[PDB]
Asker: 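There's a structure below that I have some questions on.
For the single chain, residues carry numbers from 1 onward in sequence order. Both ligands and their constituent atoms are indexed starting at 1 by order of listing.
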Amino acid sequence: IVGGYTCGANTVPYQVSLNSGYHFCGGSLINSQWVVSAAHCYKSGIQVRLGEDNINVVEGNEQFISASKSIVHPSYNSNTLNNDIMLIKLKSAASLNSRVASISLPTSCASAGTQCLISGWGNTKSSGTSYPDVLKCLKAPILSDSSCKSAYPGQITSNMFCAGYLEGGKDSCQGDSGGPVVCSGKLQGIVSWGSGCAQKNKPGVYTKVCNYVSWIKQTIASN
Ligand SMILES: N=C(N)c1ccc(/N=N/Nc2ccc(C(=N)N)cc2)cc1
Ligand SMILES: [Ca+2]
């Protein structure tokens, strides 16, 4: 997260770190056994780390639970990042309390202008590289589809939305991928892609979760 702020330990209780020896992507816990992340975060041997703040220090609220299965969206296209969503099932149910909590799926798509919270342990620099150890947060509005499409001609599908700031300076970034965009207490987005980070007229592009709720629910129901 570039231009964000330190969330505060366990203030984003649904935020998970996907760990394969190191943090490589975010995710969002959507029930005790399931995490939603970006399909481009797919890899085998994922350990889901819940209850994280400092991902480099055991601070006492962590739950580390290996994935038992990952399900990449049936229509995920890695070239276009269309349908950049994947479900990860935990081998065991996370223990849910205030510091580790699922985030509600949307019942409706959020509109442009809705303020959201984007979070992650990704790079905090738009130029160069610095990875935070504690969870970073960014309040960012969903941008209009028109501004999104204008920013990224020929790339924004109906399964994507832009959020952030056209002026740049504030954005998610590498290492935030897969993580949440939560708006009014609903998971509306998944950190998906963008050109660089926090670049002018290159806002973050997010998987439009509301399109996937049916798939998520039915997948969970049968897996
Ligand atoms: N909001 C942003 N600017 C932004 C946020 C996260 C981000 N990270 N994406 N990283 C990323 C890495 C690999 C792939 C792939 N295998 N195709 C896709 C995306 C890139 C840009
Ligand atoms: Ca930790």
Asker: From the options diminazene, minodronate, pentoxifylline, give the one found at ligand 1.
Answerer: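 That one is diminazene.
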Asker: To what macromolecule is diminazene bound in this model, taking the chain with most contacts, per UniProt?
Answerer: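 Most contacts: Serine protease 1.
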Asker: Which residues define the site around diminazene at a heavy-atom cut-off of 4.0 Å?
Answerer: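 The heavy-atom contacts are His40, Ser78, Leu81, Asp171, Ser172, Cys173, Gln174, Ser177, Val191, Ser192, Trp193, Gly194, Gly196, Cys197, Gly204.
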Asker: Which species is recorded as the source of chain A in this PDB entry?
Answerer: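 The PDB entry says Bos taurus.
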Asker: Is there a polar contact, in the sense of an N or O pair closer than 3.5 Å, between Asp171 and diminazene?
Answerer: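 Between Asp171 and diminazene (N or O atoms, distance only) the closest approach is under 3.5 Å.
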Asker: Please state which protein non-hydrogen atom is closest to atom 2 (C) of diminazene and give its distance, to 0.1 Å?
Answerer: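 Protein heavy atom with the smallest distance to atom 2 (C) of diminazene: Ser172 O, 3.1 Å.
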Asker: Give the residues of chain A annotated by UniProt as substrate-binding that have any non-hydrogen atom less than 4.0 Å from diminazene.
Answerer: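 The UniProt-listed residues with a non-hydrogen atom that close: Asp171, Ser172, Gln174, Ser177.
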Asker: Name the closest protein heavy atom to atom 11 (C) of diminazene, giving the residue it belongs to and the distance to 0.1 Å.
Answerer: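 Atom 11 (C) of diminazene sits closest to the protein heavy atom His40 NE2, 3.4 Å.
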Asker: Using a 4.0 Å cutoff against the non-hydrogen atoms of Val191, which atoms of diminazene qualify?
Answerer: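 So the atoms of diminazene that pass are 5 (C), 6 (C).
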Asker: Which UniProt active-site residue of chain A is nearest to diminazene, and how far (heavy atoms, to 1 Å)?
Answerer: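 Measured on heavy atoms, the closest UniProt active-site residue is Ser177, 3 Å.
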Asker: Could you tell me, atom by atom, which parts of diminazene come under 4.0 Å of a heavy atom of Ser192?
Answerer: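 Those qualifying, in numeric order: 9 (N), 19 (C).
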Asker: Would you mind running through diminazene and noting each atom that sits below 4.0 Å from a heavy atom of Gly194?
Answerer: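 That gives atoms 2 (C), 3 (N), 4 (C), 20 (C), 21 (C) of diminazene.
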Asker: List the UniProt domain of chain A that dominates the contacts with diminazene.
Answerer: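 The UniProt domain in question is Peptidase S1.
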Asker: So, regarding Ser195 and diminazene (criterion: nitrogen or oxygen to nitrogen or oxygen, under 3.5 Å), is there a contact or not?
Answerer: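 The answer is no, given that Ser195 and diminazene share no N or O pair closer than 3.5 Å.
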Asker: Tell me which UniProt Ca(2+)-binding residues in chain A have a heavy atom less than 4.0 Å from diminazene.
Answerer: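 Short answer: no UniProt residue has a heavy atom that close.
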Asker: Taking only heavy atoms of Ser177, which atoms of diminazene are found under 4.0 Å from at least one of them?
Answerer: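 The list of qualifying atoms is 6 (C), 7 (C), 8 (N), 9 (N), 10 (N).
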Asker: Should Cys173 be counted as touching diminazene, given the test is an N or O pair under 3.5 Å?
Answerer: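 The answer is no, given that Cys173 and diminazene share no N or O pair closer than 3.5 Å.
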Asker: At what distance is the nearest protein heavy atom to atom 20 (C) of diminazene, and which residue and atom is it?
Answerer: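 The closest heavy atom on the protein side is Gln174 NE2, 3.3 Å.
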Asker: Once you restrict both partners to nitrogen or oxygen, which atoms of diminazene have a protein partner under 3.5 Å, and how far apart are they?
Answerer:
residue: diminazene; atom: 1 (N); partner: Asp171; partner atom: OD1; Å: 2.7
residue: diminazene; atom: 1 (N); partner: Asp171; partner atom: OD2; Å: 3.4
residue: diminazene; atom: 1 (N); partner: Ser172; partner atom: O; Å: 3.1
residue: diminazene; atom: 1 (N); partner: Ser172; partner atom: OG; Å: 2.9
residue: diminazene; atom: 3 (N); partner: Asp171; partner atom: OD2; Å: 2.8
residue: diminazene; atom: 3 (N); partner: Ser172; partner atom: O; Å: 3.4
residue: diminazene; atom: 3 (N); partner: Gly196; partner atom: O; Å: 2.8
residue: diminazene; atom: 8 (N); partner: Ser177; partner atom: OG; Å: 2.9
residue: diminazene; atom: 9 (N); partner: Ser177; partner atom: OG; Å: 3.0
residue: diminazene; atom: 10 (N); partner: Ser177; partner atom: OG; Å: 3.3

